[PDB]
J.: 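Before anything else, here's the structure in question.
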Amino acid sequence: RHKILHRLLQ
Amino acid sequence: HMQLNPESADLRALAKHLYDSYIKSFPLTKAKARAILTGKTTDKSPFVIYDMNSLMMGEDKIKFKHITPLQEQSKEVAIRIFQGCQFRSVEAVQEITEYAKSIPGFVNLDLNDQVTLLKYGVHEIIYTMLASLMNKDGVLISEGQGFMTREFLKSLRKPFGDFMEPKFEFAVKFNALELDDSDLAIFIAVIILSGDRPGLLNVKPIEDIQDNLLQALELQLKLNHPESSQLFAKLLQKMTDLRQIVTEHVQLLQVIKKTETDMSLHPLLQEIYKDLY
Ligand SMILES: CC[C@@H](Oc1cccc(CN(CCCOc2ccc(OC)cc2)c2nc3ccccc3o2)c1)C(=O)O
């Protein structure tokens, strides 16, 4: 995935 | 003929909303950068790094956000510089992510599509924003605290001497368009919402937002650049050039990966570059 990117979007 | 109607009235409201959040999301705007680059302001007087001796004095006198006297730093200036770029990019990913959320409709998109748009948009936006901090002599660094010359960056040992040159080359052409922050705010918003990125799943809501943004941009350009028709088409074509330098930059990044010790890329940057182009 893009865990960091996902985290940032949240 | 163009006319003031409810449609254009909303287009202007959108353009102002983007600008307002663009200014809140990004520290050094082009307006402030241009003033610095011409001394036409205060605070300013950035430390100029133009040779190896001024680099050493600059590292001492500039307060780099990624400083800390306790950390261990590479013995090569070329790698210390590469690390500074890494730190700035990571910050830019967050600024761009914040700005994206402020784009009407973005948060209501498929969260997995938001990720894909950010993945492919950040670096095109980085090079767009980077031009605001560039003239033909060098580039503003450390939120304007420093200025590093173009020729000093070219003098770095292979392959780092070739890192920034394509960006300067793009910036020269791009800055001749004489865009301001108001134009920039819509332009980068149009970039983030490219409905043609690989991997998108819910493409219709993206193209619907990007069309609204493309309308707002065209109106912005006509209203703000009377002495230059075709600015809109030239600007769209500059996205094409952006995708190419991002591609050219990925290739350069692989040389440094299989040539330098470990050359750790920040995990955020790895997510972005993994399976990119
Ligand atoms: C490294 C991997 C990275 O490549 C790149 C490619 C091009 C540009 C950058 C980062 N960059 C240059 C700042 C350097 O700043 C220093 C800091 C310390 C220093 O030490 C003396 C020297 C220079 C930048 N400017 C910006 C202005 C506005 C918005 C975003 C901006 O991004 C990184 C990638 O692929 O993401």
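The chains referred to below are lettered A, B, ... by the order of the sequence lines, with proteins before strands, and numbering in each begins at 1. For the numbers below, each heavy atom of this structure counts, side chains included, while hydrogens, waters and symmetry mates do not. In each ligand, atom 1 is the first atom listed, and ligand 1 is the first ligand listed.
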J.: In this entry, what is the main binding partner of ligand 1, named as in UniProt?
T.: Peroxisome proliferator-activated receptor gamma
J.: Which drug is recorded at ligand 1?
T.: pemafibrate
J.: Using a heavy-atom cut-off of 4.0 Å, which other chains touch pemafibrate?
T.: B
J.: Quick one: what's in the binding site of pemafibrate at 4.0 Å, using heavy-atom distances?
T.: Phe64(B), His66(B), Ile81(B), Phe82(B), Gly84(B), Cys85(B), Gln86(B), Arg88(B), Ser89(B), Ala92(B), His123(B), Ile126(B), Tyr127(B), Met129(B), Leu130(B), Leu133(B), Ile141(B), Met148(B), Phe163(B), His249(B), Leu253(B), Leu269(B), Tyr273(B)
J.: Name the UniProt domain of chain B that holds most residues in contact with pemafibrate.
T.: NR LBD
J.: What do you reckon, does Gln86(B) have a nitrogen or oxygen under 3.5 Å from a nitrogen or oxygen of pemafibrate?
T.: no
J.: May I ask you to identify the nearest protein heavy atom to atom 15 (O) of pemafibrate, giving residue, atom name and distance to one decimal place in Å?
T.: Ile141(B) CG2, 3.7 Å
J.: Distance to 0.1 Å, residue and atom name: give those for the protein heavy atom nearest to atom 7 (C) of pemafibrate.
T.: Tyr127(B) CE2, 3.3 Å
J.: Which residue holds the protein heavy atom closest to atom 5 (C) of pemafibrate, what is that atom called, and what is the gap in Å?
T.: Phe163(B) CZ, 3.3 Å
J.: Write out the residue and atom name of the closest protein heavy atom to atom 27 (C) of pemafibrate, then the distance separating them to 0.1 Å.
T.: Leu133(B) CD2, 3.6 Å
J.: What is the overlap between the rosiglitazone-binding residues UniProt gives for chain B and the residues having a heavy atom closer than 4.0 Å to pemafibrate?
T.: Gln86(B), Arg88(B), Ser89(B), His123(B), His249(B), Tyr273(B)
J.: For pemafibrate, which atoms sit closer than 4.0 Å to a heavy atom of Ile126(B)?
T.: 30 (C), 31 (C), 32 (O)
J.: Identify the protein heavy atom lying closest to atom 11 (N) of pemafibrate, giving its residue, its atom name and the separation to 0.1 Å.
T.: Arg88(B) CG, 4.0 Å
J.: Against heavy atoms of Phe82(B), which atoms of pemafibrate measure under 4.0 Å?
T.: 1 (C)
J.: Are any of the N or O atoms of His123(B) closer than 3.5 Å to those of pemafibrate?
T.: yes
J.: Is any N or O atom of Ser89(B), backbone or side chain, closer than 3.5 Å to an N or O atom of pemafibrate?
T.: yes
J.: For atom 28 (C) of pemafibrate, grab the closest protein heavy atom and report residue, atom and distance to one decimal in Å.
T.: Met129(B) CB, 3.6 Å
J.: Quick one: look up the protein heavy atom nearest atom 25 (N) of pemafibrate and list residue, atom name and how far away it is.
T.: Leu130(B) CD1, 3.4 Å
J.: Starting from atom 34 (C) of pemafibrate, find the nearest protein heavy-atom neighbour and note its residue, name and distance.
T.: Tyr273(B) OH, 3.0 Å
